[PDB]
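First up is the structure itself, then whatever we jot down about it.
Note: chain IDs run A, B, ... matching the order in which the sequence lines appear. Following the PDB entry, chain A shows residues 142-177, 195-310, 316-434, kept in their order. We number chain B the way the PDB entry does; in order, the residues shown are 142-177, 195-310, 316-434. Read the numbers this way: they start at 1 and go in the same order the structure lists the ligands and their atoms. So how was this one determined? The header says X-ray crystallography, 2.0 Å.
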Protein chains: 2
Amino acid sequence: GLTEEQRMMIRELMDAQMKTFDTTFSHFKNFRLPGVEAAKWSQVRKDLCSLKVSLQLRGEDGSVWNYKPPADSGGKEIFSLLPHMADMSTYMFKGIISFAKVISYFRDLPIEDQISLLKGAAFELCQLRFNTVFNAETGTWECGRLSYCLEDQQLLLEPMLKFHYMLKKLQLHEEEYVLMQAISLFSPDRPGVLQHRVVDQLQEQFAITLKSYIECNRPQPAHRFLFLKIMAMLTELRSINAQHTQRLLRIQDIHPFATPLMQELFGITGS
Amino acid sequence: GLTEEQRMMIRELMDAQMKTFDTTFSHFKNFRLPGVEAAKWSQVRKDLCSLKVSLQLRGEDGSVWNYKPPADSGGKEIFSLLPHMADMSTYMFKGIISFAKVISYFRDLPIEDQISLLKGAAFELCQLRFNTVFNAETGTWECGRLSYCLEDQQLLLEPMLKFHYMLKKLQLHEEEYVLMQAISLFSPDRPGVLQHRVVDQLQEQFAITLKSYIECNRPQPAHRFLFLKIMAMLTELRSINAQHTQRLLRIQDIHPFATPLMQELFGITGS
Ligand SMILES: C#C[C@]1(O)CC[C@H]2[C@@H]3CCc4cc(O)ccc4[C@H]3CC[C@@]21C
Ligand SMILES: C#C[C@]1(O)CC[C@H]2[C@@H]3CCc4cc(O)ccc4[C@H]3CC[C@@]21C
């Protein structure tokens, strides 16, 4: 019940996803690993401990490294995983940038709006991709040879975590995830966007395509209001983006760690 | 019931031990860690898998790294822990060399015999020190922030492992361990020793001191024949030294890894 244009639209997104989502994280390499104003530090300390993960590395040889993070003891140890997570997020951002560049509707926007949209949405698309490797049973993001496992439902109070669990429970198709990415990417109201009307019309077409996809392929009572649920999650994701952007900038202010690509995307000038 | 000379002898050994045994391994640093002719390889493969350990690193910040070694899959991965163990053994050898140098009876030997005795006994003294940090309940050598845990009584078939368990069960005093070190160190029949008679008389005095120590301080039926048990263990330790020296040289032959200090001690010339 999709139009030809809607079918072509999904095919281009799925193509873009297939070409640019390293789902096994096989090419994530050379990353850093953890070693072997007072009001600011207090807030930053709060920000950081709200998402504790251990990390597992399975070697190509069958060996396994496992890292359990330190407790907060009033020192710099709370930052131990930041270089690694900066490297992972950087790797993901590159995939997201490549994704957007492969899409015709994106390529056709002026370069200034392309940059503005990626700056506005990179984090969100990263999270959408991360959700597809999230294991809600084990509380683990399974990134190929790397695993990030949540450390021991006071966990669901954390908006990012609540987001991943709730989104996972929707049991979305690849197509629905990639349409969510498109809808997030083509948000007409990111800071600095000039072609507000063009971007708005594109977003609307992605949303219509998604709504139609769900109607054509999901007759089950469980999936009533699925389209509206997804849109609500996208709104929540935008809120989480704003929150984590401020968390990032707060850390950066007292403890610099953003990679150049991160700085570029989050507006850090280097001065 | 010890003579004054025997008491002075134990005091000098205990002093030497106290000065040169880093029991917390606090100064073991900058070590390597595992990454993130056919008949020879077959034997070497057998040699290596006969002692599997996982490794734990507790960080000063409370973080914990844990390494589980790979299975043998016909490749170079069986060597993954060798650089680390070379670094640890090297660190231990330095302590053993320092131990010997602090002892009057050793200092008074000609420099050529000093070298010959250290070459002959360094491995044995290393093992004697390692036994004092061996936890027989957990099958773990507890080396301060580093732990080496035996991987899951087919284990007791391995002579080195049988040695550590049996020696631990004797529940020796610090004094008895350090006398064992002396007896091993002053073995008159290591290759190249010139002052055979002098070294022999020294060893005999350490053994007499040990026997007297046990008689003076251990009246319990459990400790009957303790001196003879210890001497039997020293003989076994010498056998294990010969075995592991040949294992080391077999590995080295197809996969070089010995540090310069190891090469020096085990007779590798660099050519
Ligand atoms: C603070 C804080 C946190 O809640 C814990 C870790 C922080 C993330 C660290 C890495 C990272 C990378 C990005 O590209 C963007 C954001 C972040 C931080 C966001 C706030 C986090 C999750
Ligand atoms: C082979 C073999 C083994 O049984 C497994 C690991 C080998 C040790 C590796 C490091 C090391 C260092 C030394 O100074 C002396 C010997 C060794 C090797 C001995 C044989 C071992 C235990």
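The drug occupying ligand 1 is ethinylestradiol. The chain that ethinylestradiol (ligand 1) touches most here appears in the PDB entry under the name Nuclear receptor subfamily 1 group I member 2. Other chains having non-hydrogen atoms less than 4.0 Å from ethinylestradiol (ligand 1): A. Binding site of ethinylestradiol (ligand 1) at 4.0 Å, heavy atoms: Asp205(A), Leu206(A), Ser208(A), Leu240(A), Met243(A), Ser247(A), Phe251(A), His407(A), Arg410(A), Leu411(A), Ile414(A), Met425(A), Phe429(A). Besides ethinylestradiol (ligand 1), no ligands or ions with an atom closer than 4.0 Å to that drug are found.
Taking every heavy atom of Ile414(A) and a limit of under 4.0 angstrom, the matching atoms of ethinylestradiol (ligand 1) come to 1 (C), 2 (C).
Annotation for ethinylestradiol (ligand 1): atoms under 4.0 Å from non-hydrogen atoms of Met243(A) are 6 (C), 9 (C).
Considering backbone and side-chain atoms alike, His407(A) places every N or O at 3.5 Å or more from each N or O of ethinylestradiol (ligand 1).
Contact atoms of ethinylestradiol (ligand 1) toward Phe251(A): 14 (O) (distance under 4.0 Å to a heavy atom of the residue).
Most of what chain A uses to contact ethinylestradiol (ligand 1) comes from UniProt domain NR LBD.
UniProt's hyperforin-binding annotation for chain A and the heavy-atom shell under 4.0 Å around ethinylestradiol (ligand 1) share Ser247(A), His407(A).
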